[PDB]
Colleague: 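Have a look at this one.
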Amino acid sequence: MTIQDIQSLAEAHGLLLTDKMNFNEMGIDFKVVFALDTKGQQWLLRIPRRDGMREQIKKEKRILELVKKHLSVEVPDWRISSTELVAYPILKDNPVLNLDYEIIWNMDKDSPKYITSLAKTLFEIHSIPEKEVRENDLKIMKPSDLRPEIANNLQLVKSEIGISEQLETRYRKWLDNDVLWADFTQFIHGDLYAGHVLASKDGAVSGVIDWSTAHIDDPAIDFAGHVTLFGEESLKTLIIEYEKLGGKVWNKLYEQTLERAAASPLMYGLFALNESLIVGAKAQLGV
Ligand SMILES: CC[C@H]1OC(=O)[C@H](C)[C@@H](O[C@H]2C[C@@](C)(OC)[C@@H](O)[C@H](C)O2)[C@H](C)[C@@H](O[C@@H]2O[C@H](C)C[C@H](N(C)C)[C@H]2O)[C@](C)(O)C[C@@H](C)CN(C)[C@H](C)[C@@H](O)[C@]1(C)O
Ligand SMILES: Nc1nc2c(ncn2[C@@H]2O[C@H](CO)[C@@H](O)[C@H]2O)c(=O)[nH]1
């Protein structure tokens, strides 16, 4: 999309933009634009790639309104949120990392403030009450629903895209160990990793950016994005700090997280069902 097209689309929503912008396509279903308005204010624009996304946009608007109350980090403040344009003022800090693909870290990987601040944020997110989640017509998995639905995902992935025989055995084992699965499921961001976490250079986590995925689900899923990028020792430090704050853990949180992470290619496939290049990338990461 051209700058002038973007300017016109924003002007159709009463947002008057300069021609100074930069772009981000690392996202999946929306086009992202860093824009600047005629008043000097920096904006983040999310342009739906497709028509018919109204229900997702409304859902995420609800989620942001809901989580805004319960957190001490910034979240996007949607000022425009039609089916044609989502827009909010850019948040305070830049993401911990960017991806081209290739990781471009923006803070020191070993930043210790990141662990304590991230643990605080995970605690706040995971404290949000279930009645509010359900009120907002959000998806509610409960631990009884967890295992057979992941079984269904195995089913729909193996035949549709193929699965590694080793990948299949692990996933069947993981569903097997009743010990790994938590007694309790709590509201989760659902798409949480350093690329969606905003922080200063010292690693103090200022904000969380993409909330469309958030629903009540297993706690480990919020943990897994972290262990993939910072490693297992980091993860353990995060678990500790998280518990110290008062976060609901169980005896196998760490290992369940490890299994969630290992199950990345599986949930990759199932969400891919869409694009042939994403199906290609999965198929590789799965066989
Ligand atoms: C540490 C860097 C790596 O990062 C990761 O591995 C992440 C922790 C991983 O994420 C991990 C962890 C976790 C918790 O997501 C944060 C989990 O849901 C998934 C499936 O895998 C990402 C976010 C996944 O992308 C997520 O795939 C979901 C199915 C949809 C979701 N979004 C669009 C709603 C999307 O962000 C994905 C499936 O890996 C994207 C895929 C298309 C491209 N990957 C293969 C790249 C090359 C990555 O390997 C990586 C960038 O090099
Ligand atoms: N600096 C910054 N980047 C953002 C913000 N919102 C989204 N992004 C980027 O846009 C991508 C898709 O949402 C993210 O992965 C970030 O890189 C924001 O408020 N600030």
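All residue numbers refer to positions in the sequence shown, counting from 1. Each ligand, and each atom within it, is numbered from 1 in the order the structure gives.
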Colleague: What drug shows up at ligand 1?
Modeller: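 That's azithromycin.
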Colleague: Which polymer chain has more close contacts with azithromycin than any other, using its name in the PDB entry?
Modeller: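 By contact count, the main one is Macrolide 2'-phosphotransferase.
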Colleague: Which nucleotides or residues of neighbouring chains are within 4.0 Å of azithromycin (non-hydrogen atoms)?
Modeller: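 Within 4.0 Å (heavy atoms), the residues are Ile28, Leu99, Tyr101, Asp191, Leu192, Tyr193, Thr213, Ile221, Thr228, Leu229, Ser264, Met267, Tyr268, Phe271.
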Colleague: Just to confirm my output: which protein heavy-atom neighbour is closest to atom 9 (C) of azithromycin, and how far is it?
Modeller: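 The answer is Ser264 OG, 4.3 Å.
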Colleague: Students should be able to answer this: which protein heavy-atom is nearest to atom 26 (C) of azithromycin, and at what distance?
Modeller: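 Scanning the protein heavy atoms, the shortest distance from atom 26 (C) of azithromycin goes to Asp191 OD1, 4.3 Å.
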Colleague: Could you list the atoms of azithromycin found under 4.0 angstrom from a heavy atom of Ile221?
Modeller: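 Listed by number with element: 14 (C).
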Colleague: Report, in ascending order of atom number, the atoms of azithromycin lying under 4.0 Å from any heavy atom of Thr213.
Modeller: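 Those qualifying, in numeric order: 34 (C).
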Colleague: As a test of the contact definition, would atom 42 (C) of azithromycin count as having a protein heavy-atom neighbour under 4.0 Å?
Modeller: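 Looking at atom 42 (C) of azithromycin, one finds that a protein heavy atom does lie closer than 4.0 Å.
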Colleague: Who's the nearest protein heavy-atom neighbour of atom 38 (C) of azithromycin, and how far?
Modeller: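 So the nearest neighbour among protein heavy atoms is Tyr268 CG, 3.5 Å.
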Colleague: Nearest protein heavy atom to atom 28 (C) of azithromycin: under 4.0 Å?
Modeller: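 Neighbour list for atom 28 (C) of azithromycin is empty of protein heavy atoms (cut-off 4.0 Å).
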Colleague: Considering only protein heavy atoms, which is closest to atom 46 (C) of azithromycin, and at what distance to one decimal place?
Modeller: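 Going by distance alone, atom 46 (C) of azithromycin is nearest to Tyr101 N, 4.4 Å.
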Colleague: Distance below 4.0 Å between atom 24 (C) of azithromycin and any protein heavy atom?
Modeller: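 Under 4.0 Å from atom 24 (C) of azithromycin, zero protein heavy atoms found.
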